[PDB]
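ATP synthase subunit c, liganded with bedaquiline.
First the proteins, then the strands, lettered A, B, ... as listed; each starts at 1. Just so you know, ligand 1 is whichever comes first in the structure, and atom 1 is the first atom listed for that ligand. The structure shown is a partial extract from the entry, and contact counts are restricted to the extract. This entry, so its header tells us, was determined using electron microscopy, 2.6 Å.
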Amino acid sequence: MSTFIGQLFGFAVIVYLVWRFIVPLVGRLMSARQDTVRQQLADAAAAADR
Amino acid sequence: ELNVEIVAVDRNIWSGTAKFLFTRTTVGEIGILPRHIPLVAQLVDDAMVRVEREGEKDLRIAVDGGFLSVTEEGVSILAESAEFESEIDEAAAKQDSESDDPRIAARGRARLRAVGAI
Amino acid sequence: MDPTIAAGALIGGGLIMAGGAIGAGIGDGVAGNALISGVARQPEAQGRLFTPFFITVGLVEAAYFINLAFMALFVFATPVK
Amino acid sequence: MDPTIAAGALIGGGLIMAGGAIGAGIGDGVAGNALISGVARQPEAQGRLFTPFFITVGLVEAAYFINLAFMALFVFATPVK
Amino acid sequence: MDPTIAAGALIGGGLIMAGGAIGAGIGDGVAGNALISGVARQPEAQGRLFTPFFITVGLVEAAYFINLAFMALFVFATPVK
Amino acid sequence: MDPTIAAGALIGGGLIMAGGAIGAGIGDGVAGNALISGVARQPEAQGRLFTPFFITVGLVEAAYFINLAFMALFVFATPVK
Amino acid sequence: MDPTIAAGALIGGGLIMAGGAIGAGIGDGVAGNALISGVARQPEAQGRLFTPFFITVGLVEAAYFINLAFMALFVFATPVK
Amino acid sequence: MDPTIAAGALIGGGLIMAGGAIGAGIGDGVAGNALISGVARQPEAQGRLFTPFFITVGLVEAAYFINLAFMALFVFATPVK
Amino acid sequence: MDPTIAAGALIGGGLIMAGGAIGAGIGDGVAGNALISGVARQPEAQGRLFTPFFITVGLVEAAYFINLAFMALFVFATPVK
Amino acid sequence: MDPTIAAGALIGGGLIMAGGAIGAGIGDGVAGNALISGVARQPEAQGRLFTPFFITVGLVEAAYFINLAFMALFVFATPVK
Amino acid sequence: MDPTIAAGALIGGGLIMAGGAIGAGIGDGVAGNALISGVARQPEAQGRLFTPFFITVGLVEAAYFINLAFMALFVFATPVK
Amino acid sequence: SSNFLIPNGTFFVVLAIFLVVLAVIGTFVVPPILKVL
Amino acid sequence: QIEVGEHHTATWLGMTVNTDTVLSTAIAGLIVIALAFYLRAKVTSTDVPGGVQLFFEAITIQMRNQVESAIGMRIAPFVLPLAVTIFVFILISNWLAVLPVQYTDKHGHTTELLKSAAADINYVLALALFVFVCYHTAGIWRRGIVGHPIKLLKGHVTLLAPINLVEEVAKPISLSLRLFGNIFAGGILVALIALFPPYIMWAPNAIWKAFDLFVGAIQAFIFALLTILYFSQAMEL
Ligand SMILES: COc1nc2ccc(Br)cc2cc1[C@@H](c1ccccc1)[C@@](O)(CCN(C)C)c1cccc2ccccc12
Ligand SMILES: COc1nc2ccc(Br)cc2cc1[C@@H](c1ccccc1)[C@@](O)(CCN(C)C)c1cccc2ccccc12
Ligand SMILES: COc1nc2ccc(Br)cc2cc1[C@@H](c1ccccc1)[C@@](O)(CCN(C)C)c1cccc2ccccc12
Ligand SMILES: COc1nc2ccc(Br)cc2cc1[C@@H](c1ccccc1)[C@@](O)(CCN(C)C)c1cccc2ccccc12
Ligand SMILES: COc1nc2ccc(Br)cc2cc1[C@@H](c1ccccc1)[C@@](O)(CCN(C)C)c1cccc2ccccc12
Ligand SMILES: COc1nc2ccc(Br)cc2cc1[C@@H](c1ccccc1)[C@@](O)(CCN(C)C)c1cccc2ccccc12
Ligand SMILES: COc1nc2ccc(Br)cc2cc1[C@@H](c1ccccc1)[C@@](O)(CCN(C)C)c1cccc2ccccc12
């Protein structure tokens, strides 16, 4: 039952690598898209009341 | 950054500083960044030059009869005619694209690329 | 008597598959080089470039599978029993 | 009888993997050459170019991985015995 | 006496088909690269670009088929008594 | 018994590593050719050019890695009794 | 005794035909690439482009044929009686 | 026992070194082709074209070195004894 | 004792002719590619492009012929009497 | 004992020299292609072009020489006897 | 047991000359491609394009000759007996 | 050691499962997303 | 040492069905269904969308651009759900293989509680043959029961009619073995990497896992792109 521990260390380093490199950029991307559509709805309401 | 000089047969259309100039030569689309090998090319009939600056928003100029020249100095675009994005009325730019005269249809298509359509 | 023939059939099928792989991989790579370049220069051409592409590929892959078939003939239905 | 058949299976599988690796590596190199050249020409065409690039990569590595499957068949579940 | 000759025949047919497949695949890839590039740069050329393209292919495929022919002769009508 | 299988395993592992080295070396060479030509054309796109490059090379190296693995399987953990 | 010479003759003829096929296929592909691209650039030049092409092909195929010739000499009239 | 294993090890090491040298030679050739072209077009760019070049070469030689290692492992420390 | 050396000479001659055919075919294809492209770009240059061409070919074919020579020396005048 | 190892060492040295010659010949060909093209483009860059060239060649030739070295080690100082 | 060494020497010499022919043929082809293209682009450069060419070829042929030399040492003065 | 390139009855089970998911998405994801766009 | 894909199995209807590759494809199906329902309860065209909605939006826009460029969303509104479900299904099924589920042995060697589903010929054959029948029947409905076979046999060059036939036989085979062989490869690697000792087993395992994530994403994308292309080739004219 020692391959379990080795694979678990492998899984730990791979999840550390993803949480370090990948999740920041994808978070930034989805946040940029979120704020873009937010601004779109906001100026839609603005043009309506205008 | 690179120095853009778009000049026409009788006037200087635009001149300034940019970080990316996208256009389309007769061999395909091209994008010039600050440092770029010297190049001479001919733009397509219905050519649109999109200029990108740091703080501003993309200029978008319909060019008719253009020639692109990249050097150490920067980008220089010769034109017979040019029309900025916020000077085109899409109605005449659309019903001219349907014309049977080749160069006037090309001019209409360039203006249509510049307004946003097609 | 038969084990030598089995080894020969396995090595021959391996050679057939290796040749097919080299040919198909490199030919598809060259054709796709042409396609990617054509689509990078002119995007709207993508569609009208799939017609030559999938002709060329259609030939290239053909070779591979033809060889694949013959590899099976060597390994499963050995032409000498 | 079995040792020579096993040697033949190992050599045939080695040939299959060698041919597949050559074809896949060189074909992927040529396809990526087209991709890098097209992005160098216009640095804002990546997303547009990832469709033909991955079609070509799909075909190339299709050849590679079919060879990989048949090599595994040779060396793990040897057809002749 | 026959086991060795049959093993040699299978290996020779495998070599024949491997070479034929490499040549055919890569030659079709190169010819089709030319075809796709010509259709990309000069679209209207499409039709006329099919008169050289097939000539080339007609040569390339020729080689493959001939190899195929002899591969058959090697494994089905082995030339050694 | 075992000596025949050991010779076959060493020859198959040699074939696997030879194919893998040829594929990886020439594929990395072609992709790096693209990289050097692109950095010569547009020196300010070098960063933008490492996203295609390291994809291409990545895929290429994937193949190499698999070959390496299987070579070990042939040489250290021979898949035949 | 003759079985071993016959196995050698068949493997040698397979090698000769494989090499001839690789050479012919890839050389015809490259020459035809030049031909198709030249016909695409200058559409009217096809007639003037067949005298260099058929020279190139003329040499390439020549090699193939010679190999074919000698392959026969190996499998039908084995140079070692 | 030992003689045929050592012969297989020598043939496998030869295959490993052959593949490694083919891959390294042709990969270095292609990368250096790109470098010489980029310096012939822009001499002052020789300084900035050595960083992609030496990346490419760095990968290419890596394959070579790895193969070298395994060659030793086959001829000096034969893994099956 | 003669059958072993005879089979070895047949396989070696096959290898020599195969290598010569691959080399000559692909080299003549590349040189002819250059020739067809030069003629297609400016046709009046034809007569002046045959002195480089036939130099290049003159070298390539030389290799082929020399190989052919030694192939004969392997099968007809086997250096091990 | 001795004869099988001697034959294996001879075949392995042959493979090493064949791989070295293929790699070196084609790599020198590609590097010299770049050199000739650059001298034709800019005739007064000859000297400036010989520093990248002789780097590339210096790598390519290195591989050849190293292979040469081991070829000797295979046929003159056979590792396993 | 001497015939085994003779057959190994013949196969090794065949491998050496085959690799040498492949390398020399394709290297001369690529270098001559560059030479023909440079002469076609501007003919007045011919006299100045033969210093690079004969350097390139001067290396390529070198490899061939070296292989040729060693092939003799394998078939006429076998290094191990 | 068995030939693993020979299909089992599993071929159907997996099919069914896919033939369920294709429905769910085909009904509950693509129409709403297309409507939102 | 390493042993290849034996399967825990049982007979369900006189047909030997594998326990694994039915458990794993079921987990993949339930995960895709859970994501689908979570989107059904949180899809907002009024205010800013969450994460799952953005994910499915990206997938749907990409596949719809593909269908529009290839054949046209006016002629083929079903290719879009087909492509989306193929992508998401294969992607989830291949990404489930990243989990630390290897657990050495009860006795002897490596073992996993979940084999990846695409490492089985039944899974990939089901997907490929479903796509095959679907795009062939779409070609029939678009062109006729008598026009679609003759169009498959004609192709773009009628004289190449045999080669074209080979193409039609090679489309499913390829689609199914590019993915089998690929994911199958992964399996073997994590099994042979488990022959290393523990202190030097984490590094190759992490490298292979980190690149197999990208490989699984690319394989799902290739399957979906090629499905769309095959639909556009079978429904042309
Ligand atoms: C383009 O097709 C050709 N052109 C030729 C040109 C010249 C000569 Br002389 C022979 C040619 C032969 C053919 C084919 C053919 C068609 C019909 C019968 C026999 C041969 C072919 O050889 C193509 C192989 N290629 C694609 C690798 C083939 C061989 C074997 C099995 C095939 C199965 C299906 C389709 C084609 C099959
Ligand atoms: C272009 O064709 C040639 N050009 C040559 C040029 C120089 C020399 Br010296 C020999 C040449 C020989 C030929 C053919 C030929 C024509 C007639 C008789 C004998 C040989 C050929 O060898 C070409 C094979 N190619 C195409 C792969 C051939 C051989 C065998 C079967 C063939 C079947 C079909 C077609 C060609 C067939
Ligand atoms: C151009 O032809 C050459 N150029 C050379 C250049 C340098 C040297 Br040093 C040797 C050269 C030799 C030859 C030919 C030749 C002609 C006659 C006798 C001997 C050699 C050749 O070897 C060409 C083989 N090629 C085409 C693959 C050949 C051999 C055998 C049969 C042939 C049949 C037909 C035509 C050529 C035939
Ligand atoms: C670029 O490096 C990679 N990229 C990959 C991409 C995908 C996959 Br899935 C596997 C990849 C694996 C690697 C390396 C690696 C690094 C660490 C451990 C294992 C493997 C590599 O395999 C590269 C070999 N190439 C360059 C010929 C390697 C193997 C063996 C010895 C090496 C010695 C030195 C350097 C690299 C060495
Ligand atoms: C250009 O020729 C060379 N350049 C070299 C450059 C460097 C070195 Br270090 C050795 C070189 C050797 C030679 C030739 C040569 C000329 C004379 C004697 C010995 C060697 C050659 O090896 C060329 C082989 N090529 C063409 C495949 C050759 C060998 C054998 C028979 C030949 C027959 C005819 C012509 C050339 C013949
Ligand atoms: C550029 O050189 C390298 N770059 C690498 C890059 C990555 C890796 Br991971 C390994 C690399 C290894 C090397 C060399 C090296 C230097 C020192 C010790 C060991 C290896 C080399 O392997 C180059 C082989 N090439 C040229 C075919 C070499 C081997 C054997 C003998 C040599 C003699 C002279 C020169 C280089 C020699
Ligand atoms: C360009 O020359 C080199 N550059 C190198 C660069 C790096 C390294 Br680390 C080794 C290098 C070695 C050499 C030569 C050399 C010169 C002297 C002694 C040993 C080796 C060479 O190996 C070139 C082989 N090429 C051309 C295929 C050679 C070998 C054998 C016989 C030759 C006969 C004539 C000419 C060169 C001969």
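- Other chains with a heavy atom closer than 4.0 Å to bedaquiline (ligand 4): F, H, M.
- Applying a cut-off of 4.0 Å to heavy atoms, one finds the binding site of bedaquiline (ligand 4) to be F:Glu61, F:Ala62, F:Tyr64, F:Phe65, F:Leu68, H:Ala62, H:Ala63, H:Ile66, M:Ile207, M:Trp208, M:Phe211.
- Distances from atom 25 (N) of bedaquiline (ligand 4) to the protein include at least one heavy-atom value under 4.0 Å.
- Near M:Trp208, meaning under 4.0 Å from one of its heavy atoms, bedaquiline (ligand 4) places the atoms 9 (Br).
- For the pair F:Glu61 and bedaquiline (ligand 4), the shortest N or O to N or O distance falls below 3.5 Å.
- Contact annotation for atom 18 (C) of bedaquiline (ligand 4): protein present (non-hydrogen atoms, distance under 4.0 Å).
- Atom numbering of bedaquiline (ligand 4) starts at 1 in the shown order; those under 4.0 Å from a heavy atom of H:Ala63 are 27 (C).
- Under the 4.0 Å distance rule, the nearest protein heavy atom to atom 30 (C) of bedaquiline (ligand 4) falls inside the cut-off.
- Nearest protein neighbour of atom 12 (C) of bedaquiline (ligand 4), counting heavy atoms only, is F:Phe65 CD1, 4.0 Å.
- The nearest heavy-atom contact from the protein to atom 32 (C) of bedaquiline (ligand 4) is H:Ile66 CD1, 3.8 Å.
- Distance check on atom 15 (C) of bedaquiline (ligand 4): every protein heavy atom falls at or beyond the 4.0 Å cut-off.
- The molecule name in the entry for chain M reads ATP synthase subunit a.
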Starting from the N and O atoms of bedaquiline (ligand 4), find every protein N or O within less than 3.5 Å and list the pair with its distance.
unit_1: bedaquiline (ligand 4); atom_1: 25 (N); unit_2: F:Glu61; atom_2: OE1; d: 2.7

